[PDB]
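Here's ALK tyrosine kinase receptor with entrectinib bound to it.
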Amino acid sequence: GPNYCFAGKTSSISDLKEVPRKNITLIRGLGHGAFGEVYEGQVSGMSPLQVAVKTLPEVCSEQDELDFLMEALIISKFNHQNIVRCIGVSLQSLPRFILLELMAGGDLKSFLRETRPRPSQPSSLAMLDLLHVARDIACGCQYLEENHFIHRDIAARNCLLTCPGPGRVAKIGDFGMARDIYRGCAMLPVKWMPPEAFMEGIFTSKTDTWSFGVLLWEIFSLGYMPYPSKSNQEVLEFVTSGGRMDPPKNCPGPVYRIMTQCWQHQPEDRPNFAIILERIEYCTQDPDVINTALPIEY
Ligand SMILES: CN1CCN(c2ccc(C(=O)Nc3n[nH]c4ccc(Cc5cc(F)cc(F)c5)cc34)c(NC3CCOCC3)c2)CC1
């Protein structure tokens, strides 16, 4: 049985909150992908608690088994409002379950794509909504940084929202990349990686800073793919040459500046998450920033 260490503390399968299987009802499928397989569920104490349920295939390898356990351990040890909570697990029944905080808004990438301003709904999103999401994720990233946990895959695809409408809170919802390393390839998130990451292969919280800058571009572009028209190798060469993305359409200069400082070639020239947060908050208070209209997609 493997042990997991976070914030100087060691835990194992024993420390996970096993919820009796009979207390868990699957309500509906939500979807599947690189994150695994997710359902809406209910937990009763006998008003039940609405949750998300990630499942482990019954037909699976033993590394698969150990992956699932590790994912459970990693999430259960995080304690932050901008990281999805783990309600508990159900590993003593088959198929195995991890019970997570339900995020009714789905993944951030799809939300931004779906909620683009249009002639029919020309004010579905405003700059302040984008800045609030950015702040939400920076806050989760600051927690990770101060706890010396390197995420390694900060991207819109790995972020979730509490709800579609006003008052949505964005949260880090996937830790698969971090789980894999705790245990180059075509699946590597190259377009989110700093130049030194392909090179001497050393990751720091400043490598997360780089990725956060790319996330920021994703947010302000309303969900576009980074480096449009470039392949992984092309991006890699472009980025290490000093090349950087243009601002997303209608991006205020102050917001773009946060991106460009996140993409400084030298790691020590890049802001930590406390500085990123300060800059986002300043942007949030500047009327010329927040009064800037997002583009209408025709
Ligand atoms: C109109 N939209 C239709 C889709 N709808 C939703 C709502 C919720 C989810 C979803 O799985 N939510 C999760 N809640 N908690 C999770 C924990 C964990 C996870 C896993 C996870 C984490 C992450 F960071 C990103 C993900 F995509 C999935 C999810 C939840 C959801 N999931 C989809 C995500 C895209 O792939 C298909 C399913 C969709 C939003 C409304």
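This chain uses plain numbering: 1 for the first residue, then up along the sequence. Just follow the structure's listing: the first ligand is 1, and inside any ligand the first atom is 1.
Residues with a heavy atom within 4.0 Å of entrectinib (ligand 1): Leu30, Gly31, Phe35, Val38, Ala52, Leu100, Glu101, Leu102, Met103, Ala104, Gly105, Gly106, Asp107, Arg157, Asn158, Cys159, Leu160, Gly173, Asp174. Chain A: most residues in contact with entrectinib (ligand 1) are in UniProt domain Protein kinase. The ligand atoms of entrectinib (ligand 1) that sit less than 4.0 angstrom from a heavy atom of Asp107 are 27 (F), 34 (C), 35 (C).
Considering backbone and side-chain atoms together, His32 places no N or O closer than 3.5 Å to any N or O of entrectinib (ligand 1). Less than 4.0 angstrom separates some heavy atom of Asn158 from each of these atoms of entrectinib (ligand 1): 24 (F). Of all atoms in entrectinib (ligand 1), numbered sequentially from 1 with element shown, those under 4.0 Å from a heavy atom of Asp174 are 24 (F).
Residue-ligand proximity, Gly31 to entrectinib (ligand 1), at heavy-atom distances under 4.0 Å covers atoms 37 (C), 38 (C). Among all UniProt-designated active-site residues of chain A, the one at the smallest non-hydrogen distance from entrectinib (ligand 1), rounded to 1 Å, is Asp153, 8 Å. Which parts of entrectinib (ligand 1) touch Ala52 is read off a 4.0 Å heavy-atom cut-off, strictly below it: atoms 14 (N), 15 (N), 16 (C). Counting the atoms of entrectinib (ligand 1) from 1 in the order shown, those under 4.0 Å from a heavy atom of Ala104 are 7 (C), 40 (C), 41 (C).
If you number the atoms of entrectinib (ligand 1) from 1 as listed, the ones under 4.0 Å from a heavy atom of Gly173 come out as 22 (C), 23 (C), 24 (F). Short contacts between entrectinib (ligand 1) and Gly106, defined as distances under 4.0 Å to a heavy atom of the residue, involve ligand atoms 6 (C), 7 (C), 8 (C), 9 (C), 31 (C), 39 (C), 40 (C).
Both criteria (UniProt ATP-binding in chain A; heavy atom under 4.0 Å from entrectinib (ligand 1)) are met by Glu101, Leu102, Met103, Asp174.
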Pick out the protein N or O atoms lying less than 3.5 Å from any N or O of entrectinib (ligand 1), and list each pair with its distance.
residue                : atom   : partner : partner atom : Å
entrectinib (ligand 1) : 12 (N) : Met103  : O            : 3.2
entrectinib (ligand 1) : 14 (N) : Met103  : N            : 2.9
entrectinib (ligand 1) : 15 (N) : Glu101  : O            : 2.9

